[PDB]
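Scroll down for the structure; my scribbles are underneath it.
Numbers in chain A track the PDB entry; the residues on display, in order, are 1-316. Both ligands and their constituent atoms are indexed starting at 1 by order of listing.
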Amino acid sequence: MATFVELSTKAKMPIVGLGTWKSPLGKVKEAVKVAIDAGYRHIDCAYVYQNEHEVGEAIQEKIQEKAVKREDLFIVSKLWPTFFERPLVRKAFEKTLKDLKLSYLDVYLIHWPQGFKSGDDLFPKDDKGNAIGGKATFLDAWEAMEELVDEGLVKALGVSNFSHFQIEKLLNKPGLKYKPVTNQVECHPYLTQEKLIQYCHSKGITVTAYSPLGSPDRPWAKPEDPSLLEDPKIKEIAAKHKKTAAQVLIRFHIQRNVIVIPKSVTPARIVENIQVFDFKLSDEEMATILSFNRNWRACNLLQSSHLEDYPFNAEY
Ligand SMILES: NC(=O)c1ccc[n+]([C@@H]2O[C@H](COP(=O)([O-])OP(=O)(O)OC[C@H]3O[C@@H](n4cnc5c(N)ncnc54)[C@H](OP(=O)(O)O)[C@@H]3O)[C@@H](O)[C@H]2O)c1
Ligand SMILES: O=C1NC(=O)[C@@]2(CCOc3ccc(F)cc32)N1
């Protein structure tokens, strides 16, 4: 039902997907069921979201009830940076694929470029709260991930929260077998990513926009923070088209050929978020929205800003 962005592999990635970060156990299964019924085919998942098993339950049931075929679903997951060491890449992936109850993933992403210390903690810190870096790097991780593609377990690899310098480092890696098909990064009218998007597309790499609604449910939201959903200029453009702000925020990416993955566990909103192929933002409206860029990140991960491959010190 969503249109598709063509990947460098010629696979078709549905341009709208369901986000699952912060979707609680006990709600996410129904959210995915509702989404599939509404015509979503792309679901965005991650090991670190700690809810992939419920996502897997929903997909499995919808497939068995013949609501959807596996071939028409596009499931993305991510390798968390505590798992960059070779045996850990496979073990992390295997837990993800098992939880999701799939025989293959459509895309597996490096979740963040900066490595974290391996062990039991997802967010390893020292006695000052600073992230502890790891031994293996994302280049090491990538090599282990390429094996998954060779074995038919993953159709395509991608990256997330990478700057152009880091994509360069990957594309230049000696013996590189597979190129990233997407870079999943924060993107919305307050962080328009013009240079990064330009760079990615010029390398034949798609962009997946995360937190497109401004992630209002992120734990660290402060009342004074920018709030896209409440932005009167966005709402004004919405009103013109008799749509909601969320729908304009989602449509914005579609018109830049950028994949977008709004999260909701509210059934009415899940449905609302995909009613975005029946209107069109004018050229003037796109330019106005583009002009709202504030270089504001809802997802900064400042706790890890000291690590070698922290991505957000670069200009883009
Ligand atoms: N790669 C990464 O590092 C990374 C980082 C962040 C996010 N992501 C991915 O991107 C997805 C989306 O980003 P996000 O979860 O940060 O936030 P988001 O999708 O920008 O916003 C989610 C919030 O918006 C609300 N909402 C959804 N639809 C709405 C609507 N139509 N009207 C009003 N409110 C609405 C949701 O409430 P309800 O759910 O209560 O309806 C939820 O609180 C994530 O879930 C995750 O899959 C990836
Ligand atoms: O979808 C997300 N991927 C992430 O790395 C992030 C952004 C930064 O904050 C956190 C914290 C916990 C978590 F599970 C996830 C996250 N949200």
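- Lab note: drug at ligand 2, from sorbinil, propofol, agomelatine, gemcitabine, identified as sorbinil.
- Against sorbinil, the chain with more heavy-atom contacts than any other is given by the PDB entry as Aldo-keto reductase family 1 member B10.
- Any N or O atom pair closer than 3.5 Å counts here, and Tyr49 shares at least one such pair with sorbinil.
- Taking distance alone, with nitrogen or oxygen atoms compared against 3.5 Å, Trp220 stays at or beyond that limit from sorbinil.
- For atom 7 (C) of sorbinil, the nearest protein heavy atom (residue, atom name, distance) is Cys299 SG, 3.9 Å.
- As deposited, there is no covalent attachment of sorbinil to any chain.
- Taking a 4.0 Å cut-off on heavy atoms, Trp80 registers as neighbouring sorbinil.
- Protein heavy atom at the shortest distance from atom 11 (C) of sorbinil is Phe123 CZ, 3.7 Å.
- UniProt lists residues of chain A as binding substrate; of these, a heavy atom under 4.0 Å from sorbinil occurs in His111.
- Checking UniProt active-site residues of chain A against sorbinil, the nearest one by heavy atoms (to 1 Å) is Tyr49, 2 Å.
- Among protein heavy atoms, the minimum distance from atom 15 (C) of sorbinil is reached at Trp21 NE1, 3.4 Å.
- Between atom 4 (C) of sorbinil and the options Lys78, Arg218, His111, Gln184, the minimum heavy-atom separation is to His111.
- In chain A, sorbinil lies within 4.0 Å of these UniProt NADP(+)-binding residues, judged by heavy atoms: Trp21.
- Residue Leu301 has at least one heavy-atom neighbour below 4.0 Å for each of these atoms of sorbinil: 8 (C).
- Summary of contacts: the protein heavy atom closest to atom 5 (O) of sorbinil is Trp112 NE1, 2.5 Å.
- Of all protein heavy atoms, the one lying nearest to atom 14 (F) of sorbinil is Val48 O, 3.5 Å.
- The shell of residues around sorbinil (heavy atoms under 4.0 Å) is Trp21, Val48, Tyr49, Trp80, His111, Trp112, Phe123, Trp220, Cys299, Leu301.
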